[PDB]
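Consider the following structure, which contains carfilzomib (bound form).
Chain naming here is simple, since letters A, B, ... match the order of the sequence lines and numbering starts at 1 in each. Computation of the quantities below employed the complete heavy-atom set of this structure, encompassing side-chain atoms and omitting hydrogens, waters and symmetry-equivalent molecules. As a textbook-style caveat: the illustration shows part of the entry, and contacts are counted within that part alone. Whatever order the structure lists them in is the order used to number ligands and atoms, beginning at 1.
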Amino acid sequence: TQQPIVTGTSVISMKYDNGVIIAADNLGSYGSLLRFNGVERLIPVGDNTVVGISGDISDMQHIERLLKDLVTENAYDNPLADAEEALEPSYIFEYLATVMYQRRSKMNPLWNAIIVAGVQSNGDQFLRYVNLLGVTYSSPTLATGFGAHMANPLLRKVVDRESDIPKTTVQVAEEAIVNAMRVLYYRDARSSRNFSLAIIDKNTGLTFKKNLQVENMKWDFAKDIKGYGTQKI
Amino acid sequence: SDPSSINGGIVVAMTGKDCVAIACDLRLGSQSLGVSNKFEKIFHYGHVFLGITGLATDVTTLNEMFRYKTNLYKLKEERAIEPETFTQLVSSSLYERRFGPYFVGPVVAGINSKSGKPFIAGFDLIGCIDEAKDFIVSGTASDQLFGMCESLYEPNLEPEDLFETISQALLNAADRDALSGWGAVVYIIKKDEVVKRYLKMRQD
Amino acid sequence: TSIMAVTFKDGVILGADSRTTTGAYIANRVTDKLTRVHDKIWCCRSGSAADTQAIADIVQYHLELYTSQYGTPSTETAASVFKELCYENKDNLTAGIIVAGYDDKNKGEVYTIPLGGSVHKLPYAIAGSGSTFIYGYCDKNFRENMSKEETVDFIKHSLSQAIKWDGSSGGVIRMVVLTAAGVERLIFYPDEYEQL
Amino acid sequence: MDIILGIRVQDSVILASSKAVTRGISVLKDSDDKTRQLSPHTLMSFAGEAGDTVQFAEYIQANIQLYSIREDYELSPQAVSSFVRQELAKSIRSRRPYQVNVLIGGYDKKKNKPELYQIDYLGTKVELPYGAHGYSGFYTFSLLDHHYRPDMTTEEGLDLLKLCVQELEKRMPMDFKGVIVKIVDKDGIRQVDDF
Amino acid sequence: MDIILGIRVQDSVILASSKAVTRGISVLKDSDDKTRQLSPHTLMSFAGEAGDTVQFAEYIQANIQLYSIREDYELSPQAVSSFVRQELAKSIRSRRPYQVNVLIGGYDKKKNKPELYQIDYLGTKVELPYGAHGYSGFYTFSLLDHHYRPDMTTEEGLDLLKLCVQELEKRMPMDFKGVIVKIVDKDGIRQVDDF
Amino acid sequence: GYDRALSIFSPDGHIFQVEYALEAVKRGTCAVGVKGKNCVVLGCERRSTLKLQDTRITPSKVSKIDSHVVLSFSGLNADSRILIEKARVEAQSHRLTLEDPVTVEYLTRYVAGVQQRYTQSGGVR
Amino acid sequence: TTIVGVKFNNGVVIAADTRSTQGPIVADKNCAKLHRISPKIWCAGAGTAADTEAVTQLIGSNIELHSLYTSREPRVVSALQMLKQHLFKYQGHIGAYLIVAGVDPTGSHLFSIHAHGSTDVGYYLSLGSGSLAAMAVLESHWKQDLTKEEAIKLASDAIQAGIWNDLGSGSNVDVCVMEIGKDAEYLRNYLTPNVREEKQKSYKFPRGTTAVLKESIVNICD
Amino acid sequence: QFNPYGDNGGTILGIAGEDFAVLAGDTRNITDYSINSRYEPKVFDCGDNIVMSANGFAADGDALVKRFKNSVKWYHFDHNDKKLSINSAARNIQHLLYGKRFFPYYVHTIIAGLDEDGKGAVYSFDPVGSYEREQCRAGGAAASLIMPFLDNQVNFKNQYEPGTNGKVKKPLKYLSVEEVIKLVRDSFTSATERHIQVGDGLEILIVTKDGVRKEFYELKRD
Amino acid sequence: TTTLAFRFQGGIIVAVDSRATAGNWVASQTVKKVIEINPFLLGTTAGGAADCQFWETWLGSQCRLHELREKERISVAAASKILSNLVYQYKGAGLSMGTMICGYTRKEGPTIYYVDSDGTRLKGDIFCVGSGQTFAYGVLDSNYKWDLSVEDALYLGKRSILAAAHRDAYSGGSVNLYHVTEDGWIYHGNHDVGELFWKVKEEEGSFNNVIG
Ligand SMILES: *[C@@](C)(CO)[C@](*)(O)[C@H](CC(C)C)NC(=O)[C@H](Cc1ccccc1)NC(=O)[C@H](CC(C)C)NC(=O)[C@H](CCc1ccccc1)NC(=O)CN1CCOCC1
Ligand SMILES: *[C@@](C)(CO)[C@](*)(O)[C@H](CC(C)C)NC(=O)[C@H](Cc1ccccc1)NC(=O)[C@H](CC(C)C)NC(=O)[C@H](CCc1ccccc1)NC(=O)CN1CCOCC1
Ligand SMILES: *[C@@](C)(CO)[C@](*)(O)[C@H](CC(C)C)NC(=O)[C@H](Cc1ccccc1)NC(=O)[C@H](CC(C)C)NC(=O)[C@H](CCc1ccccc1)NC(=O)CN1CCOCC1
Ligand SMILES: [Cl-]
Ligand SMILES: [Mg+2]
Ligand SMILES: [Mg+2]
Ligand SMILES: [Mg+2]
Ligand SMILES: [Mg+2]
C-alpha cells in the first residue's frame, strides 16, 4: 500500500507511417506545489525504444535503474548485443508488464502509468501501455492521466484506426503531438510549459528533443472577459 | 435495504402499427420470500395506461394518487386526460417529492384519442421523462428487458404480432431475474378496443 | 487562486490570476476574480467560486441600497458588510476575500477577510493557495507610498512567482487600479510575466 | 411478537397468533392476545416492534369504532384494510414510523364472502387465501401451497392450521408458547379456547 | 449448543445437556448428544461456537484415551480438568481460539467422591456443587441455591434437575428440545433414557 | 542436522545395518505368537540372570496398543518403546478421523512403515 | 453528457449530444438536452436529468411572467441570475450543470452555470462528462471573429469529440443557433452519425408462439 | 488505500453447434468513461483446438490466459504430446482459478472447442473456478442483456408450437454456423446500442475439426 | 439453493434444485448439485458454487485413495469427516458450504451426514439445506412417515423441492432425484419445474394461490 508523493503528469504518444512519437513534460509536482522543473520523464533504452513514465517519480527512478541494468545484463555473454540479440521494445515492455503485475499482486505497486514506444527489428511500430495494476493495452494513440481525456481525442482525429497509420507523416504526427501538449498546458493544473519529445523512426532512428516549449498560445481574448455575468467594467 | 428491489417486478411497453402494448409480471415478494402471485402493476385512467415497478407501497399509493388527480381533471376539463398530458402530470408529481422520492419506475402507455398517435413514455423515480418511439422498460430485470427489446423489436408491428414480441421480451427477461415472474399480464391497446391476456410462464 | 491588493501613493491596486479548478482540471483559464461592489470599491475573490460570487452579489446589492439613502459608502463600510456575511455564515462558507477601495479622504485602503470572518486592515494583503509561496518575497519587497509603476511591478513579480509554484494558480494576471483619476483595468499575459 | 397466521376458507377467515411476549432472556408472558376487534365482522392481528404494535392496533380500533357510531354502519373489510394501509403508508415517511405488520381478517356481509388482507409496516397490501408475517411464512406458505383448497370448511381450515403450528413448533428456534385462534364469519368473531 | 447443566450430589455427578442444534431459523436436529466420555469415570459436556465444540471435545477425548493406554491407568477428574483448563488457557491466546465452554463431571475412585468442574473458553476453572454455562445459569443458580442440599441422593438430584429444566422451559426464549441426562458414579457412566 | 547415510548397500547387494539390526533381534529374549480358533496367545521369555527384580513395576514384554490390539517384541528394549508410542498415537488418531478403531493389519502396516523409513533416512539407524 | 457553447460574429450557438444513461445502460438514445427558456434564450443541460429539466422550466416560466410584467423581451443575465440563486440556495443538491446562451436587446451572450451556483463567462464553453474531449477540440480550433457556419462546425465537432471518445456521450448532435435580429433556429438532430445497421435476422414470431391462459375485453369507456 | 482490481469492461459470448463452436467478444477496452483501445483482442487460440477468453479485469484476464496457454505447453511435455481435451482443459482451469480463491482473478472465463466425440462444446467459469458445460453463454458487462436473448433464440425457451394450446414446446435443434453468426452479430449490435462499455469492433473465433478460423465486424464507436 | 435428503424404510431419497444465482441475476438453471462420489456415495451442494464443487470433487479423490490403500470402500462417517475436518482448517477464511454426504455401507446401513463450512457435522434422518430449506421442510415434515413406499418417497422429495422452487426466489430450474439402496444409488431423472409445476397443480389440485 502506497501513496504517490512527487508525481509526473500526462505522457502522450502516437503511431505514424514509419515509426512512433512520444512526449511528456519536465515537471515533478509535489501535490499542488510545482516543485521540480528539470525532470526528464522520457527514458531511451538503446537506439530503438523510449519508455515514457507518469506517476510517482521515486518509482520512476527505480524503473530507470531496472532498464539501465537490463541493458547491462543483455550485453553479458552476447556478441550480438548491438545487432540481432539487441533489446527490442517488445522485450522491454513485457519485462515491465511482468514487474508491474507482480508488484500489484504483492499489494505494493509501482505507482506509475507507462507507455513503451519504439520500432521493432522488422520495422514494425511498437506502442503499448502498462500501469500500476498491470493492465496492458495497445492503440494507434496512447496517453496517460489528463492526456487520455484531452490528447487522445485530438490524436484520434489524425489516426482514428489502423488504416490511417500509413497515411500519416512524421510532420503531421509531430504537429498533433505538439498541439496536444499546448492544450494540456491550458487545462491541466499539474502541467508545465517545458517538455521533451522523442521520435523513433525505422529509417532515421532515434531523435530525442529536449527543452521544447509550448508556443503560439491564445490569451488575447482574456482582456474582453469581465466579471462572471452582469459586470461591464 | 434497497427500496427499489425489495418487492421485485417488471413492466415493459411497446408501440406498433396504430397500437400500443404494455405488459407486467405478477410477483410481489419480500426479498427471497414470494408472497403474492396476483399483484398487477398496470392500471388505467380512462384510455391512458400506467405501469409502475418498484416499492409496492408506492406503486399502490401512486395509483390511488393518479386516480384522484385524473378524476378531478375530468370533472373540471369535461374530457378524459390524454397520454401526453398525463405524462407531464406524472413528472410534476414525482419531482414534487424530489428530496423524499417515491421509489418507483413508472411507464405511461396509450393512444391519443384526437390524433390517433401511439404514445409511450418512461420515468425515473424523481420524474425525468423518457419518451421513445420503440419501447420502454422498467423494473428489477430492466437490463434483461433492454437486451430482449433491442434485439426482438421491429417497427410497425401488427397488434397480433406485437403481442408475441412483447410477451417473449417479458417472459425471457423475467426468467433471468430472481425477483421477477410468477405470472404475467399483457395489454394490447387499439384505438377503441383493449385486449388483456394472462401469459403462461414458469412458476419459480 | 493567487490574489493580492496593494495600497500606494495615489491609491490602491488589486491583482489576481485567472485560474479556476475542479481538482486538477482547469475549468476556466481566463477567470475574472477582481469584482466591482461599488464604483471605486472592489474585491479579490478566493475560495469557492459559488460562495464568493453569492457574497459579492449580496454586498453589491447592500452598497447600492446604501448609496440610494446615505450616499457613497466608505471602504471600511464595504468590508464590514463582507465580514457580516462571512462571519455569521462561517459554517457554510469557503471564502477568502480581500476588499480594496479608494476614498478621497482616506485614499487607498485594503481590508482582508480570511475564512473565519475576521477583518484585518493592512497596507497590502495577499491571499489564495498561491500566496503561501510569496510571503517571503512580498515582505522583503513591499514599501509604503510606492508609485503606480512600482506597485504594478511589485504585484506582477509577486503573482508571477505565486503562479510559477502554485499549480492552482495560472493564466493571465489581471489588475485593477483605483485612484482619483478613475478605474483602470490591466492585463498581463504568460509570455511577459513567466520570463521575469 | 413473532408469529401471526391467517387462512381464508369457504365461509370464514381464521387468524392464529402466538401467545409469547419475550424481552431479553425472559418470557414475560405466555397468554398474550395479539389482536383487536375493529368491528363486529372485522379482526386485526399484529406483530412487530414493542409498544408500536398495541398503540397502532388500538388507534385503528378507535378510528373504526368512531366511524361505526357516526354512520351507524359497519365498514367493509376492503374499506378497513385500505384505511389501515394508508395509515401505514403515511407512517413509513414520518419522523418515527410504526414498525407494525398486520393481518386483517373480515367477513363482508354485503358480498357474503370472507376476506383476508396482509399489510406490512411499509403499507404493502395484498388480499390472500392464506397469509403470514415474519419468519413464519418461510415454513407455512409452502405447506399451505400443498394442502390448501379454496372450498374447505372451517373445521378443515383448523386442521390445516394445526398442521402449520406443528411444523413451526418443530422447526422454529424460539418457543412461542402456542397460539390463540379466532374465527371470523357471518355470525361475527369467536375464539377457539382449546388449541 | 446452548444449555448445559451439572449437579454434584452425595455419590454421583449428573450432567444435563440440551438436544437442539439450531441454525438460522431452522432446528436442524432435536436429538443431539453434547457430551463425550473422556474415561470410564469421567464425562465432559460442552457448548459454544459451531464446529469448535465437537472438534475440541474429541481432541481432549483422544488425548485422555492415549494417556489411559500408555499408563494402563485412569486419570483423576482433577487431573483431567487441569489438562483441559491448560488447553483452553493456551487456546485463548492463539490465532483462532476454541470458543468452547465445558463441564467435567467425574467420580474419583481413589477418594470415592463425585466431582464437578466448570471451565469456560478462557480457561477459567472452578470446582462446584452445581454448575451451568450460558444463559441457563441466570435461572438455575438461584434455584439451586434454594433447593440444593449436599447430602442428596441421585434420585433427589434428578428431581432437582427436573425442577431446573421446567423453569428453563417456562422462561427461556428459545426451544432447546429437552435434555439428555447422564449420571457419573462409582459404577461408571450411564444415560437416563426417559426424561 | 546429522545427515549421514548409515544404512547403505554393499557390493553383494546387502544393507548391513539392517542385517546387523536382525542380529540384535536374535540376541533378544524369545517371543512367540500362536492363534487359535477364537483367540490369539502371545508368549514371552524372561531371562533368569536377573533376580531381585520388582515385577510389579518392571516394563511388561507385551504392550497394549489399543483395547483390542497388543504388541510384543524381541530385540532392543529401548527401541521398542519408540515404536509402541508411535503405534498408540496412530491408534487414537485413526479413531479420531475414521471414527473406528484400527484393524490389526493397518496397525501392523503402520509400524512396519516406520521401521522401513529408518532404513533409508539420513542420520538414523 | 457532452454540451458546448460557441460565440460568433452576430450571435451565439449551443450544441449537445443525445445520450441519456442509467448507470452503464443507455436509457434514451435520442433525448433532447437543448431547452427553451424564452424564444431567444436557450439552455444546454448536463448532470441530473430531472434537475436540468425542472430548473430550466421553472426559470423559463418565471422569465415569461417577468417578460409580460415588464413589457420587455427577457435578458440572458436575468435567466442567469435566477438560475444561479436558485441553485446556490440548494447547495449543489440540485445537480444541474447548464450552458446558458441567447440574444436580447443588450446583445448576444454566453454563460455556464454549475450545480453549486457559480457562473462563468466565455467565448467558448463545455460542460458534462465529455467536456474535456470537447474542450480539447475547442482549444485547438477556436479563434476570434468566427462566422455563423464556422461556429456551428466548431460546436458540432466539439460534441463529436465527446460522442466518440466519451462513453457518457453518444448518438446524435443537437444544435441551436441564436443570431441577433433573427429568430432562433433549433436544429434537432443536426447530425445523425450513429444509425443502427440492418439486423441480420427478423425475430418476428409465428402467431401462437406464446402460451396464453386467459383472454378478456377491457372496458375503457364510461 | 490501494485497490488492486479494475474494470476493463467489454463482453463475450460462446455458442456451440453440432460439429463446431464459436467464441465471440468485442474489441473495446475501457476504464471508467475513457476508451483505452478500440481494438484490443481478448479471445485467444490456446492450441489443441481450444479458444479462451477471460473477460473483466484485463490484467487478471491476461495472466490467466497466459497461465493456461503455459499449462497446455507443459501438458504436451509431460504426457507425450497428448491432445488436451476440452473437458480436461476445463478442470485444469478450475484449479488455476480456485488456486487464488482468497485473492481471486476478477474475470468471467469462457472456453470453446470440440469434445472427444467431435461435438461443439462451451464451458463457462465464475471468478473462483465453478464451471459448467452449456450450449450457450454470454459473459461480461452486457451479459445480462445478451443472455436472455440467447435462451430464447438458441435454446427456444418460452417458445411453444403454434396452435397446440401451449402444450407442445418448440423442439430443440442444432443451429448452422451461418445462423449462429447471425445471432452473435445481432446480440453485439443490440448490446452496443444499450451498453456504453460495448462497441468499436467484434471478433469471432470459430472452431471446427479443420482448425480455428477468425471473422471481424465493425461496431458503433460512440 | 434448495437441497434435501431423508432416510426411510426403503433407503435414502436425495433431491435438489438446479438454480445458480449471482445476487438477483439468475446465472444458471441447469447446475448439477448432486455429486457422485462413487456407486454407493452421494454428496449435495449448497452455498458457494466453487467451494462445494471443488472440495467435493476433491473428497471423491480422497475416498478413491482410501479404497486403494485399505482395499475397502470408505464409510459414510469417514467420508463426511474428511470433508468436515478439511473445512474446519479453513474456518474463518470465508468458505461457504452447506452439504450432505449420503450413502450406504454394510456396517452403517443407509446414512446421512450434514456438513457445513463452520465445521458442524451431524448424523440424522432428515435434513434440508439452502436458501429454500424452510419451504422444503414445511412440505417434507408434514407428509413424512418412515413407512413411505419408494414411489411415494421419490414423489415427496420431488414435491418438496418444487414447493421451495416455487416460493424461494433463489431456487428453481429443475429437480434432480436420486434413490440410494443397499445396491447403490439410482438416478431418477431431471424434472423441469416449467412443466412439473403445471403437471403437479392439475393432477394434485394444489397451488390454488396461483392463477390457473
Ligand atoms: C484558487 C484556485 C484556490 O484558492 C482560487 O481560490 C479559486 C477562486 C476563484 C475561482 C474565485 N478557486 C477555485 O477555482 C475553486 C477551488 C475550490 C474547489 C473546491 C472548494 C473550494 C474551492 N473552484 C471552484 O469553486 C469550482 C468552480 C467550478 C468548477 C466552476 N467548484 C468546484 O470545484 C466544486 C465546488 C463544490 C464545493 C465543495 C466544497 C465547498 C464548496 C463548494 N466542486 C466540484 O465540482 C467537485 N468536483 C467533482 C468531480 O471531482 C472533482 C471535484
Ligand atoms: C451525460 C449522459 C452524463 O454525463 C449527461 O449529463 C446526461 C444529462 C441529460 C440526460 C440531461 N445525464 C444523464 O443521463 C444522467 C446521468 C446521471 C445519472 C445519475 C445521477 C446523475 C446523473 N441520467 C439521469 O439523470 C437518469 C435519467 C433517466 C435515465 C431518465 N436518471 C437516473 O439515472 C436516476 C438518477 C436519479 C437521481 C436521484 C437522486 C439524485 C441524483 C439522481 N437513477 C435511477 O433511476 C436509478 N434507479 C433505477 C431503479 O430505481 C431507483 C433508481
Ligand atoms: C442457491 C441457488 C442459492 O445460492 C444455492 O445455494 C447455489 C448452490 C449451487 C450453485 C452449488 N448457490 C449459488 O448459486 C451461489 C450463491 C452464492 C453467491 C456468492 C457467494 C456465495 C454463494 N452462487 C455462486 O456461487 C455463483 C455461481 C456462479 C453464478 C456460477 N458464483 C458467484 O456469485 C461468483 C463467485 C462468488 C465468489 C465466491 C468467493 C470469492 C469470490 C467470489 N461471483 C460472481 O460471479 C460475481 N459477479 C456475478 C455478476 O457479474 C459480475 C460478477
Ligand atoms: Cl469566478
Ligand atoms: Mg424468475
Ligand atoms: Mg422461485
Ligand atoms: Mg501555475
Ligand atoms: Mg455502446
What ligand numbers or chain letters correspond to carfilzomib (bound form)?
ligands 1, 2 and 3
Which molecule here shares more close contacts with carfilzomib (bound form, ligand 2) than any other chain, as the PDB entry names it?
Proteasome subunit beta type-2
Other chains with a heavy atom closer than 4.0 Å to carfilzomib (bound form, ligand 2): which ones?
B, G
Carfilzomib (bound form, ligand 2): covalent attachment (residue, atom)
G:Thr1 OG1
Can you pull the source organism for chain G from the entry for me?
Saccharomyces cerevisiae
Return the nearest UniProt active-site residue in chain G to carfilzomib (bound form, ligand 2) plus the heavy-atom distance rounded to 1 Å.
G:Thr1, 1 Å
State what the entry calls chain B.
Proteasome subunit beta type-3
Can you list, by chain and number, the residues with heavy atoms within 4.0 Å of carfilzomib (bound form, ligand 2)?
B:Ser4, B:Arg98, B:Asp124, B:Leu125, B:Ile126, B:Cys128, G:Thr1, G:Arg19, G:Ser20, G:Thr21, G:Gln22, G:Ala27, G:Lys33, G:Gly45, G:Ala46, G:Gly47, G:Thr48, G:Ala49, G:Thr52, G:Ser129, G:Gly168
